[PDB]
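Here, estradiol is shown bound to Estrogen receptor.
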Amino acid sequence: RXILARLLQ
Amino acid sequence: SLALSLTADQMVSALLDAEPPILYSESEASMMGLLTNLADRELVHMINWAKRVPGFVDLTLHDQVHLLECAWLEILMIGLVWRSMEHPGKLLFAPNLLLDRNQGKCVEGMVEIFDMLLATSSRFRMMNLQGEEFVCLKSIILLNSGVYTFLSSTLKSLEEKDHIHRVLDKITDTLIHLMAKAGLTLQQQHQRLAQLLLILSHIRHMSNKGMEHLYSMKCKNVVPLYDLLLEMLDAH
Ligand SMILES: C[C@]12CC[C@@H]3c4ccc(O)cc4CC[C@H]3[C@@H]1CC[C@@H]2O
């Protein structure tokens, strides 16, 4: 799952 | 392993340059919509900031996600408390959003939390908290809040924690260093250090009450569909 996941990567 | 080599002065400097931009802001529902819209936008910038916090990118992604999920509201509170510090009795959410205590009564149960936040702001003011201390405290919060809530079943997971506690040690040395430059006795330094870390304990408290309040407001259907904020909220 993720937005957090995507902005940290 | 950049983090552990940084000196006191390099740590403080590096933290002052990771500081996020101060955002401008744009009945009970509308008050909650106002505050959560700010919070949601800052979250985007808090992620950029966390990546610039020494030792943070060294963690696994799943642990980065874990620390931010645990600490985020604590991090918005300490920042709000800090910039309100010169504004007695007022909460400076944004440069165009300076809220009175009595403006907390717009929302059920919020004036209570405003009271807690303004008392913390007064404490920081009476202590003459420095900006260099603030950035140290906020990074401690990010690093320490979820460190105890990590998967304690893996050797890798046990190394992540050890690395986090070596970095937090660094920040303690950094705080001590700052207090010595300010010309404090050894006694006065470790007294100030403890007075500050004990405040992180009230901030964790304020954050627990605010998380309860926001989940309750979400249940009233008075929180807009801010995707990142709900993402953080729903990790509890
Ligand atoms: C989380 C709440 C909305 C967002 C508020 C906010 C929003 C932005 C910010 O920088 C700090 C804070 C601290 C208090 C928070 C509130 C306490 C309860 C309410 O639900």
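Sequence lines set the chain letters: A, B, ... in the order given, protein chains first and strands last, and positions in each chain run from 1. Order of appearance sets the numbers: ligands from 1, and atoms from 1 within every ligand. Excluded from the calculations below are hydrogen atoms, water molecules and symmetry mates; all remaining heavy atoms, backbone and side chain alike, are included.
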Give the letters of all other chains with a heavy atom closer than 4.0 Å to estradiol.
B
Listed by chain and number, which residues of other chains have a heavy atom closer than 4.0 Å to any atom of estradiol?
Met32(B), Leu35(B), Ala39(B), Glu42(B), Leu76(B), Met77(B), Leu80(B), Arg83(B), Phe93(B), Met110(B), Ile113(B), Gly210(B), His213(B), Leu214(B)
Subset of estradiol atoms that lie under 4.0 Å from at least one heavy atom of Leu214(B)
20 (O)
What atoms of estradiol come within less than 4.0 Å of a heavy atom belonging to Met110(B)?
19 (C)
Of the protein's non-hydrogen atoms, which lies at the shortest distance from atom 11 (C) of estradiol, and what is that distance?
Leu76(B) O, 3.5 Å
Within estradiol, which atoms have a heavy atom of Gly210(B) less than 4.0 Å away?
18 (C)
Okay, next thing: UniProt's 17beta-estradiol-binding residues in chain B - which of them have a heavy atom under 4.0 Å from estradiol?
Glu42(B), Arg83(B), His213(B)
Most of the residues of chain B in contact with estradiol belong to what UniProt domain?
NR LBD
How far is atom 14 (C) of estradiol from its nearest protein heavy atom, and which residue and atom name does that atom have?
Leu117(B) CD1, 4.1 Å
Which residue and heavy atom of the protein sit nearest atom 18 (C) of estradiol, plus the separation:
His213(B) ND1, 3.1 Å
To the nearest 0.1 Å, how far is atom 15 (C) of estradiol from its closest protein heavy atom, and which atom is that?
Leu73(B) CD1, 4.3 Å
Go through estradiol atom by atom and flag the ones less than 4.0 Å from a non-hydrogen atom of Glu42(B).
8 (C), 9 (C), 10 (O)
N/O to N/O below 3.5 Å, does that happen between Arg83(B) and estradiol?
yes
